[PDB]
Undergrad: 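Examining a structure with methotrexate at the moment.
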Protein chains: 2
Amino acid sequence: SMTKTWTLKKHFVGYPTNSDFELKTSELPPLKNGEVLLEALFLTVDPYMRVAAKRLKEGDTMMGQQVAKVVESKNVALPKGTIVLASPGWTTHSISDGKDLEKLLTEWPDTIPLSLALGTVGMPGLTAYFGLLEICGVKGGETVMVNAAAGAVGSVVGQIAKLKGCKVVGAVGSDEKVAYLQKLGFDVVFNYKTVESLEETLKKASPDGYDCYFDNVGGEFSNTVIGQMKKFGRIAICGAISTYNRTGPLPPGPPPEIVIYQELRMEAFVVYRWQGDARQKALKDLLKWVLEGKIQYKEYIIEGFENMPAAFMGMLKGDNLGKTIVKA
Amino acid sequence: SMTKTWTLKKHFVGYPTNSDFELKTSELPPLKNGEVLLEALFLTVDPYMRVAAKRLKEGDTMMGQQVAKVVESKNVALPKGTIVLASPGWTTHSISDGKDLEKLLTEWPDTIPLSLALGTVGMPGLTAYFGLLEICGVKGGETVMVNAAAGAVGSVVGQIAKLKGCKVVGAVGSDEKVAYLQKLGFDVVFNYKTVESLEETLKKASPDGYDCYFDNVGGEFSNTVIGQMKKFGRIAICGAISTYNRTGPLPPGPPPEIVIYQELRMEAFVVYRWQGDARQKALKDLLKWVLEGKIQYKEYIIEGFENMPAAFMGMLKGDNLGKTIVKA
Ligand SMILES: CN(Cc1cnc2nc(N)nc(N)c2n1)c1ccc(C(=O)N[C@@H](CCC(=O)O)C(=O)O)cc1
Ligand SMILES: CN(Cc1cnc2nc(N)nc(N)c2n1)c1ccc(C(=O)N[C@@H](CCC(=O)O)C(=O)O)cc1
């Protein structure tokens, strides 16, 4: 069949632009014995792609995951109609030998969008789950500071915190996202772009300090939060989105004297560290909390594979409310 | 009784200079019931004093620990002749009620200098012990990077690593210190002030990266080490000496894409976190290893209390081979 594919025409300089992407059309070969042909239903765009694109050669397909369905099959374990998670990149059709695929939860109901398998009940949600429960290690009652809180990771971090008995403080970059998070049960939410002083806003948000810091942003924002950590405070380093598009050198590191005196623990992680039983268990817990209403979700769905570069750029700028998903 | 005290005349700018200190003489009050008069035998100078001095008021005594002897006693628990660790600051004589004192290990032998209680078999050695064995969590076979490696901390870090079955790489500030660490069993030792490229020297010392980083220095040196940590590498943040005498703005932080991609664990600590049986067992272990030859030591004894500022400045600049101690 035919397929459309987004490739990296030019390595990004600062924020990506439209000319950095090129759409190519091609004819895929026939299926070989044991292979399947997959048709993309929903594709995701995520901040990590900004970092990962730097390792590609120009002309290479953009990396990324998708929900797809088997439309032709020479693999009896993956008959036509099967829905799978696949990571062929930004492409509408692809061929897989079945080994790099992942079926959805067998209990996946029709009452939630399939696209949540790329979001709250997918890798972003699993990232919040392990970053909070394992890396931060919350037990109950802690005060958690989480930035980029309106994204699919931060929004799930705060809600898992709330249903575990923890106070939550969230930072976002738009008053529109401020209201969205209050509805989700966040104790405090503020717009970091507009607050007069971040240090004063954080101190008022919790004069007692912060036990845990789920950090997606990094940079100067993290230095301010670090100064307000309690002793033995834990920092989960999930991302540094504020530096991914940087043209200049990295900002100053956190004041080492504070870090040592407070004896902070700071561990970075990637969701792929957990597999097997641990990963399956977390997925089921996320699905359960979605059905029970403890974890709400919101999506920004963009129609058209042709608009994937636009969805990626809007997502990086925070212009989209909810998980940015492209519908093929 | 009379005493001499070194005070902070002016807050340091960059490295200290002789004019930043002022020696004073005073008359101590009579011993009340339950008190002792302590005569300093050995006083230590250590890098942390540079940071702590910023919090002092001008005129205040410089902080620090000493090995002292009871020369007059109204406390039956501390008779005349008892050797204690005390922290009255840079002073030759002081009065204590006994609650803030620490007796030496009951098994302390007459075959080692008493000044080791301020070094290898004191707080520097305990910092190396807990930092390496618990914060880094060396298990045997790992490769360890330790800077400020010729100090009492770094020298103990490397030798505990050697006796636990690890490969050890050490950076130092002078050619003379390179030879000393070679004799102690360090696998690789180098002078970071004279190498063409820090990145290349570290690569050659361990082409496959570093499992553990015992960090006393921070700054740019640590950014380079972080770029060569293995996946799940662990960093014990003990000090940030490169920033203590800094004059310019703080250096950039570590590249978070490397920290996240490698999933590094980075925890700061201070030796006071461990007390009681844990601290006492560590001290006995250090004493054992010294008596077995598994931990060699070197001291740079400067004679004269009047030379304590010079000892402190030479120690800060890397001029002294071995733990800097002032003999009263
Ligand atoms: C699949 N996955 C794991 C993950 C993490 N880091 C990686 N890093 C690299 N280099 N490569 C990977 N494949 C990779 N994968 C993900 C996917 C999305 C998000 C994430 O943070 N998504 C945004 C999406 C924001 C939005 O769409 O509005 C969020 O904040 O929820 C994190 C981890
Ligand atoms: C007593 N102690 C614990 C410690 C650590 N940080 C502190 N920081 C502050 N502000 N205050 C303290 N009392 C303090 N104490 C110490 C003492 C010395 C060294 C230390 O690093 N000494 C140098 C001495 C170098 C030399 O003499 O050559 C070394 O590397 O061995 C560390 C911890």
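Numbers restart at 1 for each chain; the letters A, B, ... are given by sequence-line order, proteins then strands. Determination method: X-ray crystallography, 2.0 Å. One-based numbering, in listed order, for ligands and for the atoms of each. Side-chain atoms are counted along with the backbone in the values below, which use heavy atoms only and exclude waters and symmetry mates.
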Undergrad: What ligand or chain labels cover methotrexate here?
TA: ligands 1 and 2
Undergrad: Can you peek at the structure and tell me the main thing methotrexate (ligand 1) is bound to, named as in the PDB entry?
TA: Prostaglandin reductase 1
Undergrad: Give the letters of all other chains that come under 4.0 Å from methotrexate (ligand 1) at a heavy atom.
TA: A
Undergrad: Per the deposit, which organism is listed for chain A?
TA: Homo sapiens
Undergrad: Answer yes or no: does an N/O atom from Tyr272(A) fall short of 3.5 Å to an N/O atom of methotrexate (ligand 1)?
TA: yes
Undergrad: Ignoring angles and geometry beyond distance, decide whether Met315(A) reaches within less than 3.5 Å of methotrexate (ligand 1) through its nitrogen or oxygen atoms.
TA: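 Min N/O separation from methotrexate (ligand 1) is not below 3.5 Å for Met315(A).
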Undergrad: Can you name the atoms of methotrexate (ligand 1), numbered from 1 with element, that are less than 4.0 Å from a heavy atom of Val45(A)?
TA: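 This gives 27 (O) as the contact atoms.
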Undergrad: Please indicate whether any nitrogen or oxygen in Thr127(A) is less than 3.5 Å from any nitrogen or oxygen in methotrexate (ligand 1).
TA: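 No, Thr127(A) has no N/O under 3.5 Å of an N/O on methotrexate (ligand 1).
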Undergrad: Please confirm whether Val271(A) comes under 4.0 Å of methotrexate (ligand 1), counting heavy atoms of the residue only.
TA: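 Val271(A): in contact with methotrexate (ligand 1) (<4.0 Å).
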Undergrad: Which residues flagged by UniProt as binding NADP(+) in chain A come closer than 4.0 Å to methotrexate (ligand 1) by heavy-atom distance?
TA: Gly151(A), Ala152(A), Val153(A), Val270(A), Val271(A)
Undergrad: Could you help me figure out which residues touch methotrexate (ligand 1) at a heavy-atom cut-off of 4.0 Å?
TA: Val45(A), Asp46(A), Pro47(A), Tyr48(A), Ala52(A), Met123(A), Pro124(A), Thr127(A), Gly151(A), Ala152(A), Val153(A), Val270(A), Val271(A), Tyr272(A), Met315(A), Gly322(A), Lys323(A), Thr324(A)
Undergrad: Distances for all N or O pairs of methotrexate (ligand 1) and the protein under 3.5 Å?
TA:
| unit_1 | atom_1 | unit_2 | atom_2 | d |
| --- | --- | --- | --- | --- |
| methotrexate (ligand 1) | 13 (N) | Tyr272(A) | OH | 3.1 |
| methotrexate (ligand 1) | 15 (N) | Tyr272(A) | OH | 2.8 |
| methotrexate (ligand 1) | 22 (N) | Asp46(A) | OD1 | 3.4 |
| methotrexate (ligand 1) | 27 (O) | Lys323(A) | NZ | 3.1 |
| methotrexate (ligand 1) | 27 (O) | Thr324(A) | N | 3.2 |
| methotrexate (ligand 1) | 28 (O) | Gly322(A) | O | 3.4 |
| methotrexate (ligand 1) | 31 (O) | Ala152(A) | N | 2.8 |
| methotrexate (ligand 1) | 31 (O) | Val153(A) | N | 2.7 |

